[PDB]
Amino acid sequence: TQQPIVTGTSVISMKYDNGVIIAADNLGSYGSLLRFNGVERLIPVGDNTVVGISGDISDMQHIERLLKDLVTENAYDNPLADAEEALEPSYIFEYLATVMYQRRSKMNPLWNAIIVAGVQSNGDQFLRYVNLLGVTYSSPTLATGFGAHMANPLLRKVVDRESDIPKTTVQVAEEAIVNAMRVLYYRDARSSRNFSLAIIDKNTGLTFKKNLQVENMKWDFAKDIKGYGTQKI
Amino acid sequence: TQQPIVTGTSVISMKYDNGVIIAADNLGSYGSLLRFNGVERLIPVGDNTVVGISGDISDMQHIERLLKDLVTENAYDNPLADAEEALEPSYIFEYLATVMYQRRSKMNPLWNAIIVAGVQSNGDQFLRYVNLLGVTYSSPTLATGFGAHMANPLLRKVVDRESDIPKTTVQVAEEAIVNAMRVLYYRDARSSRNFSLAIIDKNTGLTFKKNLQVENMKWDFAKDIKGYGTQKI
Amino acid sequence: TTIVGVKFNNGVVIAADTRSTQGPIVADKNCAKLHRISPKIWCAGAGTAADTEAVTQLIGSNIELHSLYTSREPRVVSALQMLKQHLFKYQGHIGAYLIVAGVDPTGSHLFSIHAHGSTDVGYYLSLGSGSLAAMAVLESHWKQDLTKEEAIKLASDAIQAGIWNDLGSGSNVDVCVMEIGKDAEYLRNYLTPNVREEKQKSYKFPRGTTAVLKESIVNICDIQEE
Amino acid sequence: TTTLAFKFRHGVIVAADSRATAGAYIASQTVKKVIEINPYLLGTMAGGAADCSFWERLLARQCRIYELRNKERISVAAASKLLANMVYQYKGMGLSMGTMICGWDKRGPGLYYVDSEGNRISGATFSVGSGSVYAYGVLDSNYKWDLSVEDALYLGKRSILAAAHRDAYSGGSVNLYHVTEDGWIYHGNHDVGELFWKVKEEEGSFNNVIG
Amino acid sequence: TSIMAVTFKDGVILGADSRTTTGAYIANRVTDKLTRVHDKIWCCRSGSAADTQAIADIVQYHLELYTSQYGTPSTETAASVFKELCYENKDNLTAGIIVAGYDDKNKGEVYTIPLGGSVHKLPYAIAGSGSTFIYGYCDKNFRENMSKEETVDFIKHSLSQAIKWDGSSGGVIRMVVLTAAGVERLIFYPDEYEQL
Amino acid sequence: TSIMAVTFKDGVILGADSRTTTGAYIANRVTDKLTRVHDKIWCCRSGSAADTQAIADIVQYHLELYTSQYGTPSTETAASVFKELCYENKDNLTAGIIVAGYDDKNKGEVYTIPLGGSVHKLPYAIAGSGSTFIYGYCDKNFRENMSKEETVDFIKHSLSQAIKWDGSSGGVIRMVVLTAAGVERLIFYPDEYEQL
Amino acid sequence: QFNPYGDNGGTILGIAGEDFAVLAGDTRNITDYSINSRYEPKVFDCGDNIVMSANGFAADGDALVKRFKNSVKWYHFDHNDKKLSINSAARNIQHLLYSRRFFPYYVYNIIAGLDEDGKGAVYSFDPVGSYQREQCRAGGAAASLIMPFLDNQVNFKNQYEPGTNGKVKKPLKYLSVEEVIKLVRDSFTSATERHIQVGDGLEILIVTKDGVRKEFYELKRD
Amino acid sequence: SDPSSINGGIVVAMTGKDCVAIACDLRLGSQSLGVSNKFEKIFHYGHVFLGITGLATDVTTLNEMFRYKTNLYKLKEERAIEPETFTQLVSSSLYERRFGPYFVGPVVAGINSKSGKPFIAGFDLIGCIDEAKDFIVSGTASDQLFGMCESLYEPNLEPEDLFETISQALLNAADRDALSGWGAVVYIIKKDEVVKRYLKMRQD
Ligand SMILES: *[C@@](C)(CO)[C@](*)(O)[C@H](CC(C)C)NC(=O)[C@H](Cc1ccccc1)NC(=O)[C@H](CC(C)C)NC(=O)[C@H](CCc1ccccc1)NC(=O)CN1CCOCC1
Ligand SMILES: *[C@@](C)(CO)[C@](*)(O)[C@H](CC(C)C)NC(=O)[C@H](Cc1ccccc1)NC(=O)[C@H](CC(C)C)NC(=O)[C@H](CCc1ccccc1)NC(=O)CN1CCOCC1
Ligand SMILES: *[C@@](C)(CO)[C@](*)(O)[C@H](CC(C)C)NC(=O)[C@H](Cc1ccccc1)NC(=O)[C@H](CC(C)C)NC(=O)[C@H](CCc1ccccc1)NC(=O)CN1CCOCC1
Ligand SMILES: *[C@@](C)(CO)[C@](*)(O)[C@H](CC(C)C)NC(=O)[C@H](Cc1ccccc1)NC(=O)[C@H](CC(C)C)NC(=O)[C@H](CCc1ccccc1)NC(=O)CN1CCOCC1
Ligand SMILES: [Cl-]
Ligand SMILES: [Cl-]
Ligand SMILES: [Mg+2]
Ligand SMILES: [Mg+2]
Ligand SMILES: [Mg+2]
Ligand SMILES: [Mg+2]
Ligand SMILES: [Mg+2]
């Protein structure tokens, strides 16, 4: 049993017709202190999977090392390591989910919430969640922390059920994700303007975008707001 | 019942042959934060008494107002207010001690430790202590907080008992007080270099010194100290 | 307890009071707080009395075996290192607060050590309940380039401050001087400023005052021959 | 403490030890645990010394104003009830009292047990205090109604001794009283130290102890 | 919150962020923490939103009644009324208030009233959770008798950093200028102050 | 504590105050918090004195053994050993460490290791209770590729403010310069840095 | 949480003679391991040939004494300058103490003087007003150190006459003021050795028909 | 609840001129209840005497333990153990249970058979040695015993005088303690004769 020290906030994601999108901001908070501004919380595994992590950053860095070692180990005595016997999103997820549940069962958890996003061999979209309790679930949209409360409602307006996935393009899906990240910046006190975004498409592969910023913000209406009720000046 | 917020540390004092000396630093701490650097904690009452206060500063400011009002009230219908029926150190102290004990008896204390220093009508030295519990005592040297642990031992080397008072001059007594304030600056984590000092003599009256600094400090030996045991560089 | 340590020109000196308490009660008026780790490495101890003894006897035993193994005179840093690692391992539960000093082939040394395993270096140090009263003196009178005689005076003056001003300290002053190129001199009861005055009366009783029921010889000898 | 009292043909016997304790420390050994309320009324004390002393002294003043307004000595039942109602006001507030109101009135000898919990009981035999449990053994085994004053005084004395011996918080000395219709009669202060040895020899009891 | 008040040559300027939180949720991102208790006596509010509003409302009532009887109150007088409420009800309140005002006689004055209910008159003052991160910056950069433009930049830069490091601070930077000329409201948006 | 490490053109400089406390009592006013784990790899210690000493001693042992087998270790390698101890024993430790070192290949590098045991490579780093008060000052005044003299002044000014506001910080300012030229120790006394 | 009580240490001792009484107490005032004063009077002349000492929590002791002195003043006003007897004072003090049964005076209290037959009297009080006349009583920090010594040397407890072997006790011969003051000084010197809160000084107040006299003796300052 | 005061009891030791004395009460209780008036707390291993106060089970256990250890010492060393040496053995044995200690207050008393020097020592429950020249006290009435010993004691007392001093110290201390009494024993020890006396005291 511990407590989280340096933390990462929401990770958000959704499926679209040809793949998945996942995003997360670049902040490592230390309680109310916005300590570390250059933290990457999206971690690619091969060219077909991206693991997005929230929660304790020291535990994130540990998981990041487990994944790096997983790739190394899969290549051992494996001539098809860059082909048929490459790591799949479903393999990577089940491994993490196994570790998370084992750690909670020893009362010494990895204080994280994880979303594994990727595309399988057969072109199927993979998107599944796992957390410190070993709890797992899948949905067309997934989000951790505050994103679960604010992002999911917005993303579910695009993909409300399974049948809406083929009707959703990459331009529409990215637009929705970017908007959700803006909303979280308005409303989450432990968020940052700077974020990273990753797209895993079955045709165009893995596209990893860094140093993105929340833009097109609305603040001008603030000038007209005066006092808390009766004040006029 | 409350807790102290903005606080003042040690107040130190001692008797000498013709009067009393009292001193206190100019700091108003906010926990570990050294918030307010220009706080006067020695408060003169007439030309024959100085009240030195430690502890909660909001309660100090309250007491400061009670004393100011006490002077106003004593002058009412009193032609001898600046002569025979002027306020004495013993009157001022007993009033405060009455208030402090009453407040603790209502379970709503003034979170302070107070030293009343002065010279009586007959030329006798007055030096008495009172705190949030209503506890009172007198001694040739008196100190609050950390001063009780560090200053008293040094001041008691000058005036160890009542018979040492006539043998102690104002130059020796002031020197001892100033040295004690230096020691407290070395060792008290809630102290400041800047302090105020007041002398109440039966001949030369009240001398109030502001903007004093701790000087003649020893730090040079620090350069030779390296590591915590085995380290040489 | 009050304990101090002061460096000087050609060595180091440590000192301590001689009171041991059990709550507000004084259990021993002439306790010995200066412990010998090795011939020229001595430590003064504050805190849990049994712990300061036990931890000192243990490290001193291992230091002796080390000295025999290496064919060298023991070093203060060795005692320091062995003590802090032992105390750190027990995470503060062994309540030993020590001032370790000595002379060795490297020179003269002075360290302090806390129950949780932290060490500190200095020219003057103080530990125990009277450490503040003692440190007030040390901060007022210490200077660089002290002589042996000046350092003994400063150290005993610092202990006296604790004796008089701290209720946890009292009775006598013990001193141990460790000078380079010399035998260490252990000055037990260097000062005795607290002798009890003569009593007003003698309470020696008349023989037969106490009421007795039975008497018997106690056999302490072994089983006898014949 | 150990205190006892019992009704019998020739009135009521009242007995008590004299020890006062503050933890393991014996603070006093000369405490009067029997309070004289009037020449015909006694009160015993057990538990809070201050509590028992204050409230029973305040009761004695209630019993006196009663006599002035009514030209009549208060009954044992009325006296016991005034106390009970007084302490009931402060119930749960922390009072610690275990008392017996002994006397002789129009209905003959009277004996009431009253405590800070709220109990008020009439009875022929009581014992209250930490050592009461030891005293009950001697009382119950030897108690009659047809008991002589001499034998009744001894029984109450011997009962306290039994408790004073075993109970660590009981001892010092035994105070005896005998209440008749002509009023109470003090029957002395008896050191347990001396009394124990005397009883041991004359009675043969306490064979386990050497002397 | 991040709040501050700074005296300068022509008067005094108040400054504040616009964030109010419920845990990590931002309940309002366009809050006005600079509140008026008299024509040229304003305050900066930190701590409980309910407590500081209740207090400021009571003070505005007291000073409105003062004015009707005795004319325009001093900034010191306004600070005293705040103090009396904060000190006497210290057990039940959580309010950190900075009082600032402009007289023609006394010119610009700033009083800070922390949790205990003590009063401290200062050349400038900072308060709120975010103030911790700018004690060093403000101490190094503050000068007395600055110009209006210099003082605006000082507050803008200071609150910019406070907002940058404190999660409980953010949104827009509001400012209120108090001079003989009158009362001027200023606002600065994220795109302006973040790039500083 | 107040500790920091700053990279510059010719290498890296470590800085620290000299205060260690037991509550409000200053147990040592001339502490050396800048500790050496290798010839040109040093660390700044904050948190428990016992924990940080025990850790630094173990690391010095590991790097001494590394050197005997594989030659001079990198600053990244040293930071990894610190991390491994701080992360795996996070439940029982209270240590905030900054690791700094000089290579000829990598030049000056700084890694900070807060409570959780996470690692963060940075151009400069600040830590300790007193660091809170200078986040704003340091962010505003730090530049990359400063000179030795500029970097010394930056640290001197920064720790001066940290000491000024933090009661748990004080004494002298110690510094350690790590360059190709060697290892230089610096010290600055109260009379020098207080008047800044 | 605010604790309205404290412990200022100190120890007191009352001994009753045949035609005199003494009330002694050390002059040391302390909090925890610090000394506040080496000479802070604890035993007072309250008027009408009565001496009193209440302490433990100094602030409560000072208040009780102050109130009893006031009670004596008003006893004169209300009853034609009548002398307050020691037994009447004792009962009055009980009622001062029990008036705070639910927020007690945290003190040990002893008064001494002469009874109405001219014989020496010592009364002892617990914090809530239970009082007892006694011949010998110590109160305070080192009370448990001193009382057994007084049981032995004042009441001759466990002391028998040689030759009889436990059959005949040592007879209860009265003590003189000079013999009593020796027991007092030896009691406090012994308590100073083994109790850290006892020391610095010893002030004794002796009460006779002639009035109230003081004596002061130094104690160890460690 | 407090293990050191459940059973009650006291021990005191004193030095004299070429002699030592050690004494104890005989009570064993269960808090307020008195259980035995024959529970002696003083044992001897050759010429070395050991008094133990505190938790009765640990008193009994430690006696059996030191009887064990001293019997082996003798078989190997071919001589009886001395008080100075035994004192170190008691300290060693108690500290080995540093974090699960015996709840006792031991007291050693004896005369070195070679030097003839009288010796007493006391311990805390974890082994710290208090080697005193005058007297040692232990038990529930330790405060009372300190007061009696510190005033009644004087150095270089003869055996028959020392007997009266230690007896009165014990008796009057025990009579101010609820958990001590119910009889008492005093051992008077000289270089080659030991007398044991049962005292007459109040049985309440
Ligand atoms: C000054 C005098 C005080 O600060 C010094 O620091 C000295 C140091 C010298 C003697 C080495 N310290 C003491 O005298 C020390 C103070 C103390 C007390 C309690 C805890 C820590 C420190 N005193 C002791 O250690 C005594 C020594 C005896 C008198 C020989 N020992 C005790 O008081 C033991 C405490 C044992 C202990 C166990 C586990 C953790 C901590 C401490 N207490 C008892 O024996 C009390 N009690 C008696 C009845 O039997 C049950 C225990
Ligand atoms: C047998 C002897 C014990 O059960 C009897 O029951 C006697 C009855 C007699 C005395 C009338 N009872 C006591 O001896 C009684 C036990 C007791 C103690 C405390 C509360 C309830 C019952 N003892 C007392 O009342 C003593 C008498 C003194 C020693 C003369 N009084 C105290 O212990 C006082 C009273 C405290 C108190 C009661 C209620 C509210 C607040 C305070 N306490 C102290 O003196 C403080 N005490 C001193 C010793 O160190 C620990 C703190
Ligand atoms: C910065 C944020 C920090 O100093 C500023 O000072 C601003 C000041 C402006 C808004 C005046 N302060 C706040 O935003 C303030 C912070 C705060 C929170 C709690 C206590 C004191 C200060 N926030 C609030 O006052 C919000 C305002 C609501 C959302 C409109 N209120 C709450 O968070 C209430 C507080 C209730 C309360 C609790 C304790 C003492 C006083 C009031 N809390 C809740 O509604 C429940 N809340 C969420 C779950 O966790 C418990 C608290
Ligand atoms: C500044 C002060 C703050 O970050 C620095 O970080 C310095 C760093 C240098 C010295 C390495 N830190 C300290 O000075 C450090 C502060 C601290 C205090 C407590 C826990 C963690 C950090 N001080 C210490 O470690 C002192 C050093 C001793 C005096 C030589 N040690 C203590 O204060 C010990 C520590 C025990 C402990 C408690 C909790 C977690 C870990 C260890 N504490 C005590 O001795 C208890 N003390 C006595 C009774 O009053 C309470 C405090
Ligand atoms: Cl608001
Ligand atoms: Cl350190
Ligand atoms: Mg922000
Ligand atoms: Mg500082
Ligand atoms: Mg003493
Ligand atoms: Mg008994
Ligand atoms: Mg009994």
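We name chains A, B, ... by the order of the sequence lines, and we start the count at 1 in each one. Portion of entry displayed, and contacts counted within that portion, nowhere else. Below, all heavy atoms of this structure are taken into account, side chains as well, without hydrogens, waters or symmetry copies. Counting convention: from 1, in listed order, for ligands and their atoms alike.
In the deposited model, most contacts to ligand 1 involve the chain that UniProt calls Proteasome subunit beta type-2. The drug that appears at ligand 1 goes by the name carfilzomib (bound form).
Other chains with a heavy-atom distance under 4.0 Å to carfilzomib (bound form, ligand 1) are given as C, H. Defined by non-hydrogen atoms within 4.0 Å, the binding site of carfilzomib (bound form, ligand 1) is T1(C), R19(C), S20(C), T21(C), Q22(C), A27(C), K33(C), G45(C), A46(C), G47(C), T48(C), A49(C), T52(C), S129(C), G168(C), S4(H), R98(H), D124(H), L125(H), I126(H), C128(H).
The deposited model's entry lists chain H under the name Proteasome subunit beta type-3. The source organism of chain C, per the PDB record, is Saccharomyces cerevisiae (strain ATCC 204508 / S288c).
Nearest UniProt active-site residue in chain C relative to carfilzomib (bound form, ligand 1) (non-hydrogen distance, 1 Å): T1(C), 1 Å. In the entry as deposited, the covalent bond from carfilzomib (bound form, ligand 1) ends at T1(C) OG1.
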